[PDB]
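Entry with amoxicillin (bound form): notes follow.
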Amino acid sequence: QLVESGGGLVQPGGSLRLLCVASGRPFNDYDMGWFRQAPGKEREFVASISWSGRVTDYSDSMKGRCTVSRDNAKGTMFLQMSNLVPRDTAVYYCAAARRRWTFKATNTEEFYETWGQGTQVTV
Amino acid sequence: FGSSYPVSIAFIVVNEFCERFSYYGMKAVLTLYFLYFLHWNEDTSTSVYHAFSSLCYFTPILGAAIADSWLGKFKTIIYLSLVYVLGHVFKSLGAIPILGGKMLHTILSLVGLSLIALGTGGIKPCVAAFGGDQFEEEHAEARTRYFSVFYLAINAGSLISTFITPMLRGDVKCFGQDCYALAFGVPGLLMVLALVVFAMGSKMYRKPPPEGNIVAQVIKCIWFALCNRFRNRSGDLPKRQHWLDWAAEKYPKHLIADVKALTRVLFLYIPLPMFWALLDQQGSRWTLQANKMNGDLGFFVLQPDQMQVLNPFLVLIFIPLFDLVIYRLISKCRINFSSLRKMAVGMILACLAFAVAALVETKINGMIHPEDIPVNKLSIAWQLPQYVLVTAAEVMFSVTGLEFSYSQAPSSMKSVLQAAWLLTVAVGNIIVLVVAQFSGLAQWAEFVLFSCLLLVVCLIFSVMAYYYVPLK
Ligand SMILES: CC1(C)S[C@H]([C@@H](C=O)NC(=O)[C@H](N)c2ccc(O)cc2)N[C@H]1C(=O)O
C-alpha cells in the first residue's frame, strides 16, 4: 500500500529504470503492475509481476525490451525499459493488488485495486 | 502370436500409451494457458491446476462404481472415453481467441477440464481391470507380464510427452497470438485415436458382465454388520469370529466373502498414502539439490530441471530388466517373492534412496575453496545412485501393486480394488499438498526425516502384510 514511482526524461533511444516502493503492508502479499497513460489516451498495460516475481508478463507492444523485477525485502520493484522510441512518452503508473482468488485478467486495471501516482517519462 | 497372450491386449496398451501421451501433453501447458492466455493470478492458476489434478486422482472411485455395479466395463470405458473426447473438444474450443473473450474462454476451459477429469477417472482403473480380465485365471504368470508392459506403456508415454510437448508450444501463431489451440488439439486427436484403437478390438475382447449392484450390496452389508452389534442392553451372539459373520441372515455367503476380501485389502492399503506422499517429495527437493552441484559433465551441459527426465527413462530400463532377469534369478533359488515382499523391498529401496540423497546433500554442504571454483563440488553425477534406487523402488512397488490389486479382488468387484489403489495415490497427493507449505527445515535434515518416515511406514506395512490372509 502507498505505492510510489520514480523516473524522468530520457534520450530518444536511451533507457530508464522506473521504481516502485511500498510503504506499508508487506510487499510479499501484492501482485504489481505497470500501466501507462499517454496524453489524451487511455490507461494501457505495460507489465505485470506476480508475488515472489516468479511470473512476469509484458504487453504486446513492450517497446524494445521491458523487464520487471522486485525484491520483497524493503519492498521495492523495478522496470527496465531499454530501446525507447519517441512514442511511449506517457505517464507510468504502478498498481498493486492483494493476493486473492479471482478470475479477472491480471493484464487489466480492474484487477489492481491501488494505483499509485505516476511519473512523467518523456522522450 | 504363439500362446498365453491374447491379441486383445494389443489394443489395451497402445490405447493406454496414446492416452497418457495426450494427458501429459495437456497438463504440461495447462498452467501456462492460465497465466499467458487467460491472464490469471498466480494464486488462481495454481489453485485451479491443483484442484483439477486432485479431482483427476479422486474420480477413479466414480469410474469403478459405474463400471462394476452397472453397465459393465468396456461400456464404461467407451462412454467415458467419449466424455474425455468431449472435454478435449471443449478445452481446445475455449483456446480459440476468435469467439468470445475472457468469458467463453473461462467457461469452456473449466467445463473441458471437468469433463477431462471425469473421463480420466474411469478410464484409469477400468482399462487395467479389462486388460487383466482378458487373461484366464489359470495364466497368472502372464498377467504380471501384462501389467509390467502396461506400466511400461504409461512411462513411455510420459517420456515421449516430455520430449515432444515443447515443440508444439514453441513459436507457433494460431491467430495472431501464441498457438494454444494446437497444444490442446494434438492431445485431443491423440485421445481420439486411442479410443479408435481400443474400440477396433471389440470383437476380440472377453467382456464379462457385471454381477449386480455390487457397491450397493457391499454398503448395505457393512451397514447391517455394524448395526447388528448394537445390543446396548442385550446381546448373546452379535458377530463372532469376524465383524461380518452375523451380517449373514441376509446377504448370502458369496457376498460376505467378497466384502471380507475387500475390507482386508483396504486395511492393508491403509498406510500407502503416506508412502506415496513421501516418495512424491523428490521431484522438487532434488531440483534444489541439483541446482547446487556442477552439471557440465564435460560432454553435454545438463540443466537441473532436465534431470527429471532421468526417472521415466530409467523406468523403461528397469521394467524389462527386472521382470525378465532379476526376478528370474530370484526363482533359481527357493526365494519366493510373493508380491508382498516385493512391495516391502520397494519401500526399503525408496528409504535407502532418500538416505543416499541426504548423504549427497551433506557432501555438497561440505564445500571449501582451495571465478573461484569449489574443488569438492559434486558433478550432476552422484545423483545417479539415488535416482536408480528410487526408480527400482517405484517399479517394484507400482507394478506389483497393480498385480496384487487385480489378483486379490473378487470377480464381482475386480475394478474397485484398482480404484482403491488410485485412491491411495490420490490421498497421498493430498497429503503432499497439505504438507508442502510447512517447509522450515534444512535440506539434509528434511531428507533424513523423509528416509526415517519411509522406514517406519515400511515397517508398519510389513507388520500388516505378515498377518494378511490372501484370497483363495
Ligand atoms: C504415480 C502414478 C501412479 S504414475 C502417473 C504420473 C502420476 O502422477 N507419474 C509419472 O508418470 C512418473 N513416471 C512418476 C513419478 C513419480 C512416481 O512416484 C511415479 C511415477 N501418475 C499416477 C497415476 O497413474 O495415477
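Going down the sequence lines, the chains are called A, B, C, and so on. Shown for chain A, in order and in the PDB entry numbering: 3-125. Residue numbering for chain B follows the PDB entry; the residues present correspond to positions 38-407, 599-700, in that order. Atoms within a ligand are numbered from 1 in the order they appear, just like the ligands themselves.
The structure holds amoxicillin (bound form) at ligand 1. Bound to amoxicillin (bound form, ligand 1) with the largest number of contacts is the chain that the PDB entry calls Solute carrier family 15 member 2. By chain letter, those with a heavy atom nearer than 4.0 Å to amoxicillin (bound form, ligand 1) are B. In the structure, the transmembrane segments of chain B that UniProt numbers from the N terminus and that bring a heavy atom under 4.0 Å from amoxicillin (bound form, ligand 1) are 1, 2, 5, 7, 10.
The 4.0 Å heavy-atom shell around amoxicillin (bound form, ligand 1) contains B:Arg57, B:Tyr61, B:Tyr94, B:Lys161, B:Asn192, B:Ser195, B:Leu316, B:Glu622.
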